[PDB]
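Reading through the structure tokens given below for one structure.
Sequence positions, counted from 1, serve as the residue numbers for this chain. Whatever order the structure lists them in is the order used to number ligands and atoms, beginning at 1. Side-chain atoms are counted along with the backbone in the values below, which use heavy atoms only and exclude waters and symmetry mates.
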Amino acid sequence: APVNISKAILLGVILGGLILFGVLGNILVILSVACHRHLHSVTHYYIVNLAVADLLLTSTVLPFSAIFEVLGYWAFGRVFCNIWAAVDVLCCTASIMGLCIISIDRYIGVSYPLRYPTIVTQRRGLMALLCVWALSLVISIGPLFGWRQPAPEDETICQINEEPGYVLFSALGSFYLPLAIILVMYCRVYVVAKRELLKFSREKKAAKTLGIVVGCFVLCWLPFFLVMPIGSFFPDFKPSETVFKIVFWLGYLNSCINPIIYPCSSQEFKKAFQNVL
Ligand SMILES: C[C@H](Cc1cc2c(c(C(N)=O)c1)N(CCCO)CC2)NCCOc1ccccc1OCC(F)(F)F
């Protein structure tokens with residue numbers, strides 16, 4: 001079923017423009033931190049980590065996914081699809097884990113604004129960063145490696161694991177369990193901010209910025225992680241393919257958007273972006 005080139009050209013151009021916007025935003029978010037030595041810290045390094053996760057999503061996953069969508073079939077080989085799926089599942093996991101370890105950074109930095117640089121330093125936060133990378137890698141490849149469904153005969157048919165056994169714990173350990181550690185850390189941050197100086201004000205401003213980021217991420221991803229398990233349990237209530245398309249693309253455009261939040265929310269990042277431009 002060769003889709004008309006003219007009809008799908010609009011979709012292809014839209015997806016390409018979104019991917020380029022996300023990529024440029026992600027390089028900008030990293031370049032602002034790197035060039036400016038007035039804007040480096042454990043939380044800023046974690047923001048750069050999230051930017052790198054978005055870069056991995058938008059430089060190795062999006063282009064291929066958009067090509068697959070517009071074409072409608074997987075031109076490349078089986079091994080290439082297997083690596084692409086693993087890269088996707090691990091980059092999303094890396095982004096969410098970065099979020100959940102930014103949720104602890106901004107809980108420590110709000111509960112103890114003055115003693116904060118003592119609990120976490122450039123040597124202690126990096127251990128957590130590497131640990132979360134390792135955890136994301138093992139919880140991403142593991143489900144794929146451990147619970148792969150049999151390889152399809154056709155090279156142009158390569159879709160996600162329909163088996164509930166995988167999807168259940170993959171989603172749970174990739175989104176829901178990391179999401180609990182975010183919703184509890186930010187609940188504590190909010191209650192602390194309400195009940196509760198210059199350092200405290202800066203910490204609360206950074207907490208609010210990262211809270212906007214976390215909210216956007218969670219709201220955008222929740223449709224997919226709520227529909228796919230529901231479809232797994234409830235095959236009778238699986239939505240239309242359009243629903244799947246829109247939810248996946250929302251889960252991607254969230255990473256595409258992520259860069260915009262920093263300039264619009266935090267004035268410091270706004271100056272950094274202006275200087276870099
Ligand atoms: C799931 C998705 C991959 C994907 C799948 C399919 C596409 C596309 C596309 N738009 O190119 C992308 N289709 C295109 C239409 C064909 O004609 C048909 C099917 N990656 C997002 C992120 O996934 C997880 C990231 C982290 C944890 C769980 C995830 O869930 C995977 C699941 F198996 F659990 F659902």
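Looking at ligand 1, the drug there is silodosin.
Counting heavy-atom pairs under 4.5 Å, the chain with the most contacts to silodosin is listed in UniProt as Alpha-1A adrenergic receptor. Near silodosin, within 4.0 Å on a heavy-atom basis, the structure shows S65, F68, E69, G72, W84, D88, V89, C92, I160, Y166, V167, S170, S174, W221, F224, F225, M228, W249, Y252. The entry gives the source of chain A as Homo sapiens. Under 4.0 Å from silodosin, heavy atoms are found in these UniProt transmembrane segments of chain A, counted from the N terminus: 2, 3, 5, 6, 7.
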